[PDB]
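Looking at a structure with acarbose today.
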Amino acid sequence: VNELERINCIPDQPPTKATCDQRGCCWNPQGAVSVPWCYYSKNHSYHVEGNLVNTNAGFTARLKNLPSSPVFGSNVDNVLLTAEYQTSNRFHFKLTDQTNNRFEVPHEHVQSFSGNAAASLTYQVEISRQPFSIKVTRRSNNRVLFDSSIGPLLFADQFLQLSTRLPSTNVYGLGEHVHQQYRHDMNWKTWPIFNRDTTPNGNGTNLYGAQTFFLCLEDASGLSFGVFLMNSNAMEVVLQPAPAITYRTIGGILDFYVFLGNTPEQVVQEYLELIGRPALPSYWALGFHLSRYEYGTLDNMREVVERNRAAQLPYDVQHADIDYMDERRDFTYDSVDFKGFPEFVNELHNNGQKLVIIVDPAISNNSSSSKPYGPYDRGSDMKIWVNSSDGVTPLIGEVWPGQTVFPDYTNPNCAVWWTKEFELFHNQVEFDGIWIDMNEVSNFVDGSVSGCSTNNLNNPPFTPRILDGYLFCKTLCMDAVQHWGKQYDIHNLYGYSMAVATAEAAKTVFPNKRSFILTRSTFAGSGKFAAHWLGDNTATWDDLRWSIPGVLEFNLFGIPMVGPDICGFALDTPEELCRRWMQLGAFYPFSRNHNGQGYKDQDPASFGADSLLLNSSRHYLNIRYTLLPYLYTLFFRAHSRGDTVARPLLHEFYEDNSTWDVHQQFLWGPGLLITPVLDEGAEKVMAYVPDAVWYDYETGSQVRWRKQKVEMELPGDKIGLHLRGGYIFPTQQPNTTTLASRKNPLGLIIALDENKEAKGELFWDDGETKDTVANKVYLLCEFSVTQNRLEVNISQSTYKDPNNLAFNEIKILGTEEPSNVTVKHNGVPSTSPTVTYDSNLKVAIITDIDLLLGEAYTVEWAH
Ligand SMILES: C[C@H]1O[C@H](O[C@H]2[C@H](O)[C@@H](O)[C@@H](O[C@H]3[C@H](O)[C@@H](O)[C@@H](O)O[C@@H]3CO)O[C@@H]2CO)[C@H](O)[C@@H](O)[C@@H]1N[C@H]1C=C(CO)[C@@H](O)[C@H](O)[C@H]1O
Ligand SMILES: *[C@@H]1O[C@H](CO)[C@@H](O[C@@H]2O[C@H](CO)[C@@H](O)[C@H](O)[C@H]2NC(C)=O)[C@H](O)[C@H]1NC(C)=O
Ligand SMILES: *[C@@H]1O[C@H](CO)[C@@H](O)[C@H](O)[C@H]1NC(C)=O
Ligand SMILES: *[C@@H]1O[C@H](CO)[C@@H](O)[C@H](O)[C@H]1NC(C)=O
């Protein structure tokens, strides 16, 4: 074969002819760098035995192992293929052991399919028998999307592999990793996935979460597809320039979904329709969050809070890290250093702010009659810990408080215990949201305080290239035992089960409210429950650059509320870096400045009351808050439809191949282009301006650039923000908290396209009740402008905000002078508004107007 198509037969060691021969593979060392010297032969694997059988849902096939050397042990002789034409755009196939039940992910959202093959498929499936392969092609153009024929199917108990050709190199996704770029390097790269507490740095290791989804943009027409593997065992994904991708996992089953869409966004919508769309956040979670590890005392925390409030920083949320606890134990506070914590909570609340508390899964096991630790006693009484391999002894590890046991969040009763612990603590400290951390789960000892037994779970025949090369490193023994199964199988599901339990707890502690959950470890579908942050980064320019692809990727995974620690967790942050990162950070969907222990303060007001950093931070945060109605509506669409929030340029501009690798800029939704300075010393940025009309956000002037690379001038106080022609942006006068800003006058920004038309929408509900979308208690309105006329149209009208909200300002960009501006209500005029016009900038602002939110209006003008 073409060397780019070789599928490596020796993933586990340096390639030798002797091993190649024993494995029945092909040997050819004469390739280029990273081209496998030993690769699978053309007929190695499985063949279809007999006929495929039609089922109501699709078909099944029996696959029989063609005689083969047992490399990673216990091979599976009879494999069952079950294929289901689940929807017109989603294909599901699974390969199981015909004769034995194997571990399958007990996902909380995904259900087994019952019912019949879908009509009007956008795809076709083709099965080859001798040797087995499966191919999924797009019906419209016969483009081959998934094609396993490039390599073997391998299916041993602890080694399962399938490959697929890909129709392009525009591949985005997989996680959790620092990829450094957004479009994948298809040049022989292997990405291990196994939830792990480690530093998101340049080493390309497995990190906190496990995300097997990827999306492929087929060509400039926008046609795209995506693939998801429902498997929670350690795995790695191998990318090569064929182009092709190989999944290699060490247990469970190969359970694949293939999704087709007409655009990249439609693929994401299809993926999220399957795994679970993201929670609609509390509107307050959209504001700016502040945090650090080790304020040390409530006095220190209060001083930080107070200087940022004194500076009028938009600032909704304060996080309290493990320093609030009594000796780093959950569900206590330090009665000396945090004496008066409940009074401080009241102060936060009186100022319109929210408290988010960190909670760790591990529970101190140090409790006596003399000094009881309630959470451990109650947990032991309920028998809800993760056990050792004997199945009866709670496993002992070590985390922040010292020796600890670990809750088994897969046990339904564990959620009852967890809920009661939060109820009890909420009675003392009235926190508003929960930050779940260390939930990979992270262990300061490897496996347990007594290590791990040598066995096939702790020491498997094949180990993907995870950091440190052992599964149990900085986590639990793989033979530890939980309600859903052994840690070997469910390790990647710990943070997911914990988020599910935590949301369950919120039902009791925050009745009928969304609250906020922020989680470190994630699995596919975690976004239904929680926000995410990109973990323990560093105050470097590299970390700032690497943040954007990480944010875009999590939006693909349906965790749109995601961001890094702005300014950098580890290390003292330089002023210039923190200023640039604050500017960018004002536009991360989850915007939090957080800092590690002992490092110099990096909260915005710490740089000085009159500093450039503070001024610019406040400035761009005030822009974020102004655009919160737009951001919120983008979250409404992510929740209800499955759209991304932070979005790659290529999701909107896929026709333009110059956007396919852009990862130094991004969009909010379709209409706002963010262009940060990402280089030390720079007052410029080399940026791409897509094929659209664009307007400078602050001045409203139309840029001359279109569909081209530019050097954008961005001095130390600026970040690029441009509005897309053809879009209408709802705004609301900002205040330093969202409690307050939500009572303010609204505005519209109408950015006219080349045809002097534009469209937009606004979702509005109470900002905090759970299920307002499912129960249809909300306002959705639509704005459109087509020559001389803005129409405000109400499509859903079941919530009326009691604060008398109205649009009191309309700003029109790219317009000739309007004249004779008329306002009609339900067709009835209806008042002559005030119009200000800038003939140099071609901007009109209409004021002295009061268009009540929830009412239909026409605003008309002449030229
Ligand atoms: C607070 C943090 O502590 C732990 O991580 C720290 C490591 O223990 C240190 O070894 C050091 O890591 C360095 C690596 O060893 C080195 O290989 C290189 O990559 O640089 C690293 C530093 O950049 O520093 C680590 C912290 O930077 C622990 O493993 C980690 O999970 C902890 N972070 C969480 C805990 C808290 C405190 O409640 C929160 O504040 C954080 O946001 C959590 O993410
Ligand atoms: C971990 O071990 C404990 C025992 O230490 C198991 O607790 C059992 O729980 C069931 C259901 O709650 C009770 O009916 C039994 O009486 C408990 N056994 C004992 C010996 O008390 C628990 O099931 C274990 N967890 C897992 C995942 O196996
Ligand atoms: C990679 O990891 C090592 C620890 O093994 C660390 O010291 C180093 O800084 C990392 N390198 C990069 C490029 O991030
Ligand atoms: C902003 O909120 C404060 C409460 O902190 C309130 O006093 C004030 O009236 C609000 N002002 C605005 C922006 O209209």
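All residue numbers given for chain A refer to the PDB entry; the residues shown span 7-836, 838-870 in order. Start at 1 and go down the list; that is how both ligands and their atoms are numbered.
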Components assigned to acarbose: ligand 1
Partner of acarbose (ligand 1) with most atom pairs under 4.5 Å, per UniProt: Maltase-glucoamylase
Residue portion contacting acarbose (ligand 1) (non-hydrogen atoms closer than 4.0 Å) for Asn207: side chain
Contact partition for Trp441 relative to acarbose (ligand 1), non-hydrogen atoms under 4.0 Å: side chain
Any protein heavy atom nearer than 4.0 Å to atom 10 (O) of acarbose (ligand 1): no
Part of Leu577 within contact of acarbose (ligand 1) (heavy atoms, under 4.0 Å): neither
Atom 39 (C) of acarbose (ligand 1): nearest protein contact (heavy atom, Å): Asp327 OD2, 3.4 Å
Acarbose (ligand 1) - covalent partner residue and atom: none
Atom 28 (C) of acarbose (ligand 1): the protein heavy-atom neighbour that sits closest, reported with distance to 0.1 Å: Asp203 OD2, 3.7 Å
Under-4.0 Å heavy-atom contact with acarbose (ligand 1), by part of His600 that carries it: side chain
Nearby ligands and ions, under 4.0 Å from acarbose (ligand 1): ligand 3 (2-acetamido-2-deoxy-beta-D-glucopyranose)
Under 4.0 Å to a heavy atom of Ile328 - the qualifying atoms of acarbose (ligand 1), by number: 38 (O)
Option set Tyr605, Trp406, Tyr299, criterion heavy-atom distance to atom 4 (C) of acarbose (ligand 1), minimum: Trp406
Atom 18 (C) of acarbose (ligand 1): the protein heavy-atom neighbour that sits closest, reported with distance to 0.1 Å: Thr205 OG1, 4.3 Å
Within-shell test, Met444 vs acarbose (ligand 1), heavy atom, strictly < 4.0 Å: yes
Protein contact for atom 16 (C) of acarbose (ligand 1) (heavy atom, distance under 4.0 Å): no
Nearest neighbour of atom 31 (O) of acarbose (ligand 1) from the list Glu446, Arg598, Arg526, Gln603, on a heavy-atom basis: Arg526
Acarbose (ligand 1) vs UniProt acarbose-binding residues of chain A, heavy-atom distance under 4.0 Å: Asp203, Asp327, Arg526, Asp542, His600
Site residues for acarbose (ligand 1), heavy atoms under 4.0 Å: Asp203, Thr205, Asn207, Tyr299, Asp327, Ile328, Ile364, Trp406, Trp441, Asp443, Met444, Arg526, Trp539, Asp542, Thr544, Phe575, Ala576, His600
